[PDB]
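Nothing fancy with the numbering, it's 1 onward along the sequence. Method on record in the header is X-ray crystallography, 2.0 Å. Start at 1 and go down the list; that is how both ligands and their atoms are numbered. Values below: all heavy atoms of this structure, side chains included; hydrogens, waters and symmetry mates excluded.
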Amino acid sequence: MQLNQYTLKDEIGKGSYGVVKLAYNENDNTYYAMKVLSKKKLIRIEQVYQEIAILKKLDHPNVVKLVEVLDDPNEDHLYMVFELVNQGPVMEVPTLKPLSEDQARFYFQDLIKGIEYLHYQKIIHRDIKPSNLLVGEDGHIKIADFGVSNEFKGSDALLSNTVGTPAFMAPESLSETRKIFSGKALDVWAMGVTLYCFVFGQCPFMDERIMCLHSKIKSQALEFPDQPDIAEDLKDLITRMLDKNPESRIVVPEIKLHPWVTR
Ligand SMILES: CC1(COc2ccc3c(c2)ncn3-c2ccc3cccc(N4CCC(N)CC4)c3n2)COC1
């Protein structure tokens with residue numbers, strides 16, 4: 001499959017919308033990641049162009065760079081070319097091979113930087129999870145998939161829609177009654193779920209039945225698996241990130257000063 005200078009190869013991810021394919025670029029003799037979208041499949045335009053707008057203003061070592069967009073109005077397919085991050089996702093969940101505490105800290109430091117940057121740029125990511133965190137050749141993670149991200153005006157996003165990955169959704173986004181909830185806190189909750197996954201290899205709240213998953217997220221006290229044992233300070237940080245109450249939940253400026261993070 002040829003598309004200008006790019007030859008499209010195998011699928012390397014799904015994501016919130018469309019698919020991601022490896023692409024060889026004949027002009028500079030290296031590889032890219034190409035997100036491929038069907039206009040007809042998205043109908044059943046503007047949300048895509050808002051994602052492009054977001055991506056265009058972003059430039060940080062812990063966020064995946066958009067290189068260009070190929071958008072022929074006579075074709076159904078829209079192509080978004082990104083930098084390729086060689087090693088791919090930090091982990092698949094579940095896994096029996098979780099990260100050590102030291103590896104988790106290292107990636108979690110990158111995650112903090114990335115998220116701090118996004119929030120500064122007035123973007124709520126909305127889909128933070130291990131499979132969206134790509135390990136670069138330098139060993140550092142980069143945040144990917146802005147498919148469900150929101151841009152806001154003023155100091156925080158005021159949100160009412162429920163999107164993202166169900167196991168990573170904050171309890172305040174799961175009410176039966178339409179509610180309004182703050183966006184920065186949602187990303188903190190998902191960072192917490194992610195950190196739990198990093199060290200345990202499974203999510204904190206799990207069920208095959210979507211309604212029971214929601215029920216657990218809202219009403220089941222957080223439990224730690226029997227293995228591996230983790231340090232008291234990491235338990236503390238995870239507990240404060242997974243605070244069901246978005247008002248008392250730890251904020252990113254506090255996370256950066258947490259003893260687990262800074263030791
Ligand atoms: C083939 C291997 C390499 O994997 C990969 C995967 C995605 C890779 C990658 C290397 N460099 C970049 N990206 C991207 C780029 C843009 C994306 C825009 C939207 C969504 C994506 N993703 C992120 C990962 C998720 N699991 C699926 C959706 C995106 N990914 C796996 O080990 C080698």
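The compound at ligand 1, a drug or drug candidate, is named crenolanib. Measured by close contacts, the chief partner of crenolanib (ligand 1) is listed under UniProt as Calcium/calmodulin-dependent protein kinase kinase 2. Between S131 and crenolanib (ligand 1), at least one pair of N/O atoms sits closer than 3.5 Å. The region of chain A touching crenolanib (ligand 1) is mostly the UniProt domain Protein kinase.
The shortest N or O to N or O distance between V85 and crenolanib (ligand 1) is below 3.5 Å. Of the candidates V135, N86, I12, the one placing a heavy atom closest to atom 33 (C) of crenolanib (ligand 1) is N86. Using UniProt's active-site annotation for chain A, the residue nearest to crenolanib (ligand 1) and its heavy-atom distance to 1 Å are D127, 8 Å.
When the heavy-atom distances from atom 32 (O) of crenolanib (ligand 1) to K21, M34, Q87 are ranked, the shortest goes to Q87. Between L22 and crenolanib (ligand 1) there is no heavy-atom distance shorter than 4.0 Å.
Nearest-residue assignment for atom 18 (C) of crenolanib (ligand 1) (options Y31, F146, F82; heavy-atom criterion): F82. Binding site of crenolanib (ligand 1), heavy atoms within 4.0 Å: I12, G13, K14, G15, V20, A33, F82, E83, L84, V85, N86, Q87, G88, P89, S131, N132, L134, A144, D145.
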